[PDB]
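The model below depicts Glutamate receptor 2, Voltage-dependent calcium channel gamma-5 subunit chimera holding ZK200775.
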Amino acid sequence: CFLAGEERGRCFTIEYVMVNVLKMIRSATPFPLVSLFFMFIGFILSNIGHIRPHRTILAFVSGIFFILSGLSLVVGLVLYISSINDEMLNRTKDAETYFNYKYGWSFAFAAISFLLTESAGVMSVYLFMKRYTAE
Amino acid sequence: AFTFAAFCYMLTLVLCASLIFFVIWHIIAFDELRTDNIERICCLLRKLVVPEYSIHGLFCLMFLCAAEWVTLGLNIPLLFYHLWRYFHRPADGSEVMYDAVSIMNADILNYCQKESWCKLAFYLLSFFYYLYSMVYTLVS
Amino acid sequence: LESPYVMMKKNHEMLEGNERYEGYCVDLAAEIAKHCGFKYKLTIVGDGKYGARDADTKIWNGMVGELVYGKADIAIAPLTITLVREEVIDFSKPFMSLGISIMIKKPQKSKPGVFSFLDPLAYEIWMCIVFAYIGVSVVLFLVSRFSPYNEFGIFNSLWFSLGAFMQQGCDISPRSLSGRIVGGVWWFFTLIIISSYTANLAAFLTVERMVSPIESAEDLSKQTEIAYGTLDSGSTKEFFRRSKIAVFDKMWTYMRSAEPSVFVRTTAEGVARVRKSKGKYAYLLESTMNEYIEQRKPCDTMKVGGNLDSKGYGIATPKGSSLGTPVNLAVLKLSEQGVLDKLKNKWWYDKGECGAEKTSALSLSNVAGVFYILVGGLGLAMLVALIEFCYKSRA
Amino acid sequence: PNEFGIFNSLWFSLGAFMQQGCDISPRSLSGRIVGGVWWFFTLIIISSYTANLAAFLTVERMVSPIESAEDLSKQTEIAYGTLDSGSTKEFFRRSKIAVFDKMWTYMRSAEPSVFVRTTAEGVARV
Amino acid sequence: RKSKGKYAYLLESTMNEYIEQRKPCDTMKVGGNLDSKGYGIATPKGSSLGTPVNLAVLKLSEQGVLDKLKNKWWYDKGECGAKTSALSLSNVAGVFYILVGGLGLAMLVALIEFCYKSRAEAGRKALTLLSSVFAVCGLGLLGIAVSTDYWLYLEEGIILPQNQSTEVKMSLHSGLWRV
Amino acid sequence: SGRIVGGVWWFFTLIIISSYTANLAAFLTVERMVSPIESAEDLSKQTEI
Amino acid sequence: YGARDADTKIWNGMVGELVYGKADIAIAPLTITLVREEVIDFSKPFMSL
Ligand SMILES: CC(C)CCC[C@@H](C)[C@@H]1CC[C@H]2[C@@H]3CC=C4C[C@@H](O)CC[C@]4(C)[C@@H]3CC[C@@]21C
Ligand SMILES: O=c1[nH]c2cc(C(F)(F)F)c(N3CCOCC3)cc2n(CP(=O)(O)O)c1=O
Ligand SMILES: O=c1[nH]c2cc(C(F)(F)F)c(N3CCOCC3)cc2n(CP(=O)(O)O)c1=O
C-alpha cells in the first residue's frame, strides 16, 4: 500500500498488478503459513490432551508441532530478510538517492510468536513427563 | 602439485598399511588355531571384522569423490566380495558379526586360509599401487 | 547532431551563428579552418541521416547527399569511411579509429550465495578437511581400541575430532602417547585452518574486488547466460551478418534465432536494456559512443575488451575540390601534434561526468547459509531421535 | 535416552556460542548433531565478526586526510571552491602546472557551482 | 623477459601482439593503444593505381579479408593458446603433511607400545646415568657455545641487477664478544 | 603454584595466536591490494616498474 | 622505411624508392605520417595500430 509519494491508497495485491520488486517476498511467503498450520495442529492436540488426559502421547506430539512451527518461522524470517538485503544491494550507487527499509509491527509479531511456540513446545514436553510418570 | 586426488592417495596409504596389519593378524590367528582355543580365536577376529570391511568402505567413497575412476574400479571387486561376505554367510552370530561360532572343518578353515593369503596379497598390491599414484599425482 | 560531436549549446536560443553549436566537430572544424584557411558555417543536415544510397531512385540520403550535389562543401562529422561512400566523395585520412565494441553493466558485488560462507577456502580444501576429519577419527579409533592404555569408539572418536575442529574441546581426551599424537597434530591442523579462514575473510571484506563475467567476444561466444544485442538496421548488424570469420558467425547464429529479440530499435533503448538486466545483456555498439555512455550519469555501463573490427571516421569533401588536399594534410597535422587526442580527452573524458571504501556491515544474506544448515541440522536430528525411539523401545 | 534440562540446554549453547566448552556434552547421536551444527554455526559467525571488524578498522585507518593540492587533485569526493572574481580564479585559469590544470578542469565544469561569490559565504560552505 | 616485472617496454601494438603470440609465451600486452596510427599502401604521387588500390583496401576491410589475414599470421600461426580469490591446497599444504605425518608417526608408536607392553606382561641405575650424561653433555655444549665465536653470520653487499646477482661488501662469523 | 604456570601460559598463547591470525590477515589483504598494470596512467603513478 | 635528412633532403627507403622512381607500390607497414603524405599517396589504413 503506497503511502506518501503519490498517495495511491489502492492497495496493490501483488499477484496481478502492474521501481521496487516486492515479489521478492514470495519465496519467504510459505513459511509463515507452514508454521501457522503446524501451530494450529498443536493447539488442537494440546487442547484434546487436556480434555482427555487418559492418553499422554497427545501432549508430547503437540509439543513437537509447536517446536516445528518455530523452526519454520526462523527459515521464514531468515529468507524474508535475506530476500530483502540482496535487493537493496542491487541498487545502482548514487549520492542523490537513499533507500531506508524498516521492519514494522507485524514483523515483530511473527518474531514474538517464535518465542511463544518455543515456550509452549517446551512446556508441552514437561507436561508430558509429568503426565507419563503419573500413569 | 598437491591436489584433492593426491591427498586421497596419501590417506589411503596411511590406512591400508593398517589394513595389512588386520590380515597379518588374520593369518597368525588361524595358523595358531590348527596347530593348537575357540573363544580366544573367536573374539580376537570378530572385533577386527567390521573395522576391516569399513575402512575399505571408506576407500570406495574416497576415490569416488576424488573422481579417480580407475582406483575406484580396482577396489570394486573386493567391495562386492565384502558385500556378499557380510550379507551371505552370517551364519548366525546374534552379535557384531563374523567368522566364528563352531568352526572346526577343513571346508571353512581352508576357506579362511583362502582369505588369509589373498587378503595379504591384495592389500600389499594396493600399498605399492597407492604409493605409485600418490608420487605420480604430486610431481605431475 | 550527435554527442560528443556537434550539439546545441545550452543558450542556443539567444546566440546565433557558429556559436549555437559546440562539441568535438565544432572544435575540430575550427582547427580545420585554421590550417586550411577559410570561414566556416555550421549547417546541420536537414534529413538528419549520415548517408546511404536510396534503393532504386539512386539519390543519396544525407550528408553524403549534400556533398555530392551542391548543398555543402565539406562534412566535418562522424562519417564512416566505407567503400560505397569513397566512390562518390573524397575522405581524408581518419581523425578517429574505432570499431564494434561490447557494452556491459558495471560489475556490481553479487547476490551473496546460500553457501557463500565457504568462499575463504577453496572447495579442494573443504573436502580435504572432511576426509582428514574421518581419517583422523579412524586413526584415533584404531589406536585406542587396539593398543589400549576403550572409550574412543568410532562414535566417540568422531566426536572428539569434531570438538577439536570446532574449537571446543570435549569431555574425553586420549590417554596414551599414541592417541595423544593423533590429538596433537589434529589440534595443530585446526589452529592453522581456522586462522586461515578468518584471515582470508578479513582479506575479502577489506579489499573489494569486482570482476567482469566476460572480457572479450570469444568469452561472450562460449557462454549461454548473458545475451547479446545490436541495433536492427545499421552497420553493426550488417557487420555480424556478412561476416565469415570464426566467432562472429557463432555470434550471428545466436542472435538470429534466440528469442525474445536481442535486437533493439534505438541506441538509447539498447543502453536501457543493459541497465534493465542486472548483467545478462551486452549491447554491441561502435567504440566511441560506448566510451561516451560510460562517462555519463548515471554511471552504470562499461566497455570491455578491444574493438571487434577496425573502421574510421573521416572528413569528407566532394569529388574534386581545392579543400580535399589541404584538409587531408590538416588531419595528419592535427593527429601528430596531439590535437585530435587532446580534443578526445576533453569531450569524452573531461567535459563530462564520473571520474577515473565504506565497509557496510555483514547482512543476513552473507551468512544465511549457516542458518539453513542449522535448522536443517536440527530437523535432521529430530528425525534421528524418532528413528532411535522406534528402534530401541519396540525391540 | 537426563542431565539436559532446558536450563542445561540453554547453558550448553551459550558456552558453545561463547567458545567456552561446558561441563556436559550430548551422548546420543540425536543430540550430537544438534551439538555439531551449532558448533559450525558459531565457528562461522565469530570468524565473520572478527574479520568484519578487521575490515572496519583497516579501512578507517586507510583514510588519509587532505594534506596538499595533489591530494585534492586525485580525491574528487571533496569539492573544491574559489571566489568568483579576482586573482585566485586567474591563478588556476592561466596556470600551466600539472596539478593546477586538473584543478581548474574540475572547477570550470561542475554542478552545483563550486564558485562562491564572497569569502564569508565560502567559509560558511566549509 | 629477464627483469621479473620491473620493465615495461613501450612499443607498437602489432609488434606487441606478435611477440605475445610467439614462443616462449613470456610477454603480454596490457591496456589499450596510446595513440592512433595507420599503415597504408603507398603509390608514388600520380600513379595509375592510386584510386584502384584505395578502393581495394576498403573492399578488403568490409569483406573481412584484412581480419582474415590478421588471424592467420598473428594468431593462427602463433605458438601460444587462447585467480579464484581463495586459499588453495598449495597455501595450506604443509599442514596436511604434518597431519598425515603425525598419523603415520602415531601408528608406528602404537606398534611399539603394543610390543613393549605385551612383553612387559610376559630403575635407579638408569636415571643416575641418564641424569649425569645429559648434564655433562649440556655442560659441554654450552661451554663450547659461549667461548667459540660462530653465533651469527652477517653479510652486507650490493645488488647487481644484471642476473640480479650480488657481490659482498662484508661478511661475518661473529660471536658473543668476538667479531 | 601451578595456577600461575597455567595462567601465564594461557596469556602467551592468547597473544601468539591473535598475532598469527592478524599477520596472516595482513598478508592476504596486501597481496589482494596488488593491482596489475592496466593502463599508462597506472604506469604513471607506479614508478617501481 | 623512409626519412629525409636535413642535409641532403633525400628520402631513404621505401618512401625513397617511390619518390625517386625505383618502385611502383609499397605494400608494407608504411605508417601514414604527415611528412610522407606530401611526397607519396597512402591508401586508407589497412591496419589501425
Ligand atoms: C609427540 C611426538 C614428538 C612423538 C614422540 C615419540 C618419539 C620421540 C619416539 C617414537 C618411538 C617411541 C617410542 C614409542 C613408545 C614407547 C613405549 C611407551 O611406554 C613409552 C615411550 C616409548 C618408549 C618411545 C618414546 C619415544 C619414542 C622414541
Ligand atoms: O557513417 C555513419 N556514421 C555513424 C556514426 C554514428 C556515431 F557513432 F554516433 F557517430 C552512428 N551512431 C551509432 C550509435 O547510435 C547513434 C548513431 C551511426 C553512424 N552511421 C549509421 P550506421 O553506421 O549504419 O549504424 C553511419 O552510417
Ligand atoms: O591586491 C589585492 N589584495 C587583496 C587582499 C585581500 C586581503 F587578504 F584580505 F587583504 C583580499 N581578500 C581575500 C579574499 O577576499 C576578500 C579579501 C583580496 C585582495 N585582492 C583581491 P584578489 O584578486 O582576490 O587577490 C587584491 O587584488
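All chains are named by letter (A, B, ...) in the order of the sequence lines, taking the proteins before the strands, and each is independently numbered beginning at 1. We count ligands from 1, going down the list as the structure has it; atoms in each ligand are counted the same way. Side chains are part of it too, since the values below use all heavy atoms of this structure and drop only hydrogens, waters and symmetry mates. A fraction of the deposited model is presented, and contact counting is confined to that fraction. If you check the header, you will see the structure was determined by electron microscopy, 3.2 Å.
All copies of ZK200775 taken together correspond to ligands 2 and 3. Other chains making heavy-atom contacts shorter than 4.0 Å with ZK200775 (ligand 2): C. The binding site of ZK200775 (ligand 2) (heavy atoms under 4.0 Å) is made of C/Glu2, C/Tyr50, C/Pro78, C/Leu79, C/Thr80, C/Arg85, C/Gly234, C/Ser235, C/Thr267, C/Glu286, C/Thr288, C/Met289, C/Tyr313.
Intersecting the UniProt L-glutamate-binding annotation for chain C with heavy-atom proximity to ZK200775 (ligand 2) (under 4.0 Å) gives C/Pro78, C/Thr80, C/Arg85, C/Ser235, C/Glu286. Looking at chain C and ZK200775 (ligand 2), the transmembrane segments (UniProt, N terminus first) with a heavy atom under 4.0 Å away come to none.
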